[PDB]
> 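Mind having a look at this structure? Questions to follow.
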2 protein chains.
Amino acid sequence: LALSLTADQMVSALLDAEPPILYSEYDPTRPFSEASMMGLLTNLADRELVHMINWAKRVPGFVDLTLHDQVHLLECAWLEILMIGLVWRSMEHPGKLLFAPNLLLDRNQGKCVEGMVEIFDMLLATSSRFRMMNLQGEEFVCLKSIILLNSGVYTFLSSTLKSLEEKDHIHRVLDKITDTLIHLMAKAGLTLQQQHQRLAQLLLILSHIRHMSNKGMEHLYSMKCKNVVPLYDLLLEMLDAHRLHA
Amino acid sequence: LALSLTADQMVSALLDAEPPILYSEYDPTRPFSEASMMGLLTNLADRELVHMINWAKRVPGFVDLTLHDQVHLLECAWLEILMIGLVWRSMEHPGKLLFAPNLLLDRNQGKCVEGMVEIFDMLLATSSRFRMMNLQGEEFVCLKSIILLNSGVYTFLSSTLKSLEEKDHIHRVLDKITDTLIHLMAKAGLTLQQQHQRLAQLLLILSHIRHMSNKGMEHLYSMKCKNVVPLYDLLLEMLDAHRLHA
Ligand SMILES: Oc1ccc2c(c1)CC[C@H](c1ccccc1)[C@@H]2c1ccc(OCCN2CCCC2)cc1
Ligand SMILES: Oc1ccc2c(c1)CC[C@H](c1ccccc1)[C@@H]2c1ccc(OCCN2CCCC2)cc1
């Protein structure tokens, strides 16, 4: 039961749920001139999405939702989630984006079309902002979970009784995550004022993350495959697990 | 001095700053068939922007910024600000959007191209959400001010000393607005837990507002004039006031 966790248990569950850090797939003994940067990043992102499913299923309360609802939330959120992870791992790399341990790019490497130089700079500024806030790992996992639960919660196109229950559940969990962030902050010695202030600062950054995702989606839709499985459909298949591998 | 206001003085200043509610301009004795819905809404939005300048100049701390910074924040925020106002005035109109007192549209009226039916539904859901939260007028003016100050704050493309001071000032004001929201909430009788929870719920809605603005921008850019003054430029002229009308 997600609504029964204590703050410590919420944090411990998020921390234990973290996905791995993957590597970009390229021949390191090959000229950099030769790689397609978008190809690299597309390959990486696509591998990260499988692990994002496994992560999401471990976010307390997520699998209490309907399959359809779980797909919708991921369909709305996945790009924000890739981005907040990128920005987290880039904190200790001022001026650079740590896409993977073997793929650290500066803004000059974002310029090869099109494109990214816009998104690049925005991602770097957000990384800068987290650096300046001394964002902690325990706060980061709360925020990534909040994105998962929140990004899609006002675009469910139903007001069925089931859909009211789904939303109410999501709002309860999100409330629990707010309580957890506040707890982390009191435990770190912050005054109540600084607690409310820092909570607000962190949530306000999620709106820049939304922006960045929308801008990035604009680029990705402007380059979309034709006779392909819709994302909803890829998401649904990865989420719609059997229990034969128990 | 904005940083010296009490919570009561912040609220009183925001409340006193509210823009007027304008009317759509059309011949009411003329078939509805004949109006261009986008034409109506474009005309209205453009009139509202002048008043948004006057509003913004009254948001404590805003005119302490540089002219360039004030233009940037408005350039990033203006569509979110029109939208949050729309959603506020639509609360008491379930299923309808109160663009103006003489222009209340349901989702079926959003369908005449293209387009809006997407944006329409999103705006209605946000209105629904505020209704369900019993959003208060005093909270609404805090949130609209937060959008003004926050939407553009991580896309200033400078790290000059002046630009560090600008950002620090913005963050201080935003902090003051957080304190004010918390104050409103304690004064309304909410427990501390409910205070943190409600603060987080309200700020999380700002990310849906960002989304909606981005989607709406996508539509507006897909219909842009050629030999026209850039928005930055229109904004700069309206903001770059003389003091000859004292
Ligand atoms: O950790 C990460 C790995 C890769 C990335 C990011 C984080 C941040 C956004 C990047 C981006 C750059 C330019 C334009 C848009 C986004 C890029 C990235 C590249 C490609 C992506 O998408 C490819 C399409 N793919 C098919 C279904 C799932 C997505 C996603 C993200
Ligand atoms: O209270 C309001 C008045 C009008 C509106 C809104 C709020 C919410 C967004 C609406 C919208 C509908 C469809 C697509 C996009 C947005 C529309 C609106 C229409 C047109 C707009 O922009 C016209 C361009 N104009 C030139 C410089 C300033 C903007 C803005 C908003």
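Order of sequence lines = order of chain letters (A, B, ...). Quick note: numbers on chain A are straight from the PDB entry, i.e. 306-551, in order. Residues 306-551, in that order, are what chain B shows, numbered as in the PDB entry. No hydrogens, no waters, no symmetry mates; every other heavy atom, side chains included, goes into these values. We count ligands from 1, going down the list as the structure has it; atoms in each ligand are counted the same way.
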> Give the PDB name of the drug at ligand 1.
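That drug is lasofoxifene.
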> For lasofoxifene (ligand 1), which chain gives the most heavy-atom pairs within 4.5 Å, and what name does UniProt use for it?
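With more contacts than any other chain, that's Estrogen receptor.
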> What other chains come closer than 4.0 Å to lasofoxifene (ligand 1) by at least one heavy atom?
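Counting heavy atoms only, the answer is A.
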> Could you find the nearest protein heavy atom to atom 13 (C) of lasofoxifene (ligand 1) and give me its residue, atom name and distance?
A/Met421 CG, 3.3 Å
> So, does A/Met343 sit close enough to lasofoxifene (ligand 1) that a heavy atom of it is under 4.0 Å from the ligand?
yes
> Any N/O of A/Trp383 closer than 3.5 Å to an N/O of lasofoxifene (ligand 1)?
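In fact, backbone or side chain, A/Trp383 has no N or O that close.
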> Have a look at lasofoxifene (ligand 1) and work out which part of A/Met357, if any, has a heavy atom under 4.0 Å from it: side chain, backbone, both or neither.
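The answer is neither; A/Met357 stays 4.0 Å or more away.
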> Is lasofoxifene (ligand 1) less than 4.0 angstrom away from at least one heavy atom of A/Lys529?
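Not so, A/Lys529 does not reach lasofoxifene (ligand 1).
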> Between A/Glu523, A/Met388, A/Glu353, flag the one that comes closest to atom 3 (C) of lasofoxifene (ligand 1) by a heavy atom.
A/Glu353
> How far is atom 25 (N) of lasofoxifene (ligand 1) from its nearest protein heavy atom, and which residue and atom is that?
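Sorting protein heavy atoms by distance from atom 25 (N) of lasofoxifene (ligand 1) puts A/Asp351 OD1, 2.7 Å first.
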> Out of A/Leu346, A/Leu428, A/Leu525, whose heavy atom sits nearest atom 16 (C) of lasofoxifene (ligand 1)?
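Looking at heavy atoms only, the winner is A/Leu525.
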> Nearest to atom 18 (C) of lasofoxifene (ligand 1), what protein heavy atom do you find, and at what distance?
A/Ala350 CB, 4.1 Å
> Which UniProt domain of chain A gets most of the contacts from lasofoxifene (ligand 1)?
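Most residues touching lasofoxifene (ligand 1) lie in the UniProt domain NR LBD.
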> Can you tell me the protein heavy atom closest to atom 10 (C) of lasofoxifene (ligand 1) and the distance?
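Here the nearest protein heavy atom works out to A/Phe404 CE2, 4.3 Å.
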> Would you mind checking which non-hydrogen protein atom is closest to atom 8 (C) of lasofoxifene (ligand 1), with the distance to 0.1 Å?
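So the nearest neighbour among protein heavy atoms is A/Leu391 CD2, 3.7 Å.
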> Just wondering which 17beta-estradiol-binding residues from UniProt for chain A are within 4.0 Å of lasofoxifene (ligand 1), heavy-atom wise.
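By heavy-atom distance, the UniProt-listed hits: A/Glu353, A/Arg394, A/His524.
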> Does lasofoxifene (ligand 1) have a heavy atom under 4.0 Å from the side chain of A/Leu354, from its backbone, from both, or from neither?
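For A/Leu354, only side-chain atoms sit under 4.0 Å from lasofoxifene (ligand 1).
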> Which neighbouring residues and nucleotides define the binding site of lasofoxifene (ligand 1) at 4.0 Å (non-hydrogen atoms)?
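The binding site of lasofoxifene (ligand 1) (heavy atoms) is A/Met343, A/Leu346, A/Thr347, A/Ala350, A/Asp351, A/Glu353, A/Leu354, A/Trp383, A/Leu384, A/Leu387, A/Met388, A/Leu391, A/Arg394, A/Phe404, A/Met421, A/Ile424, A/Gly521, A/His524, A/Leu525.
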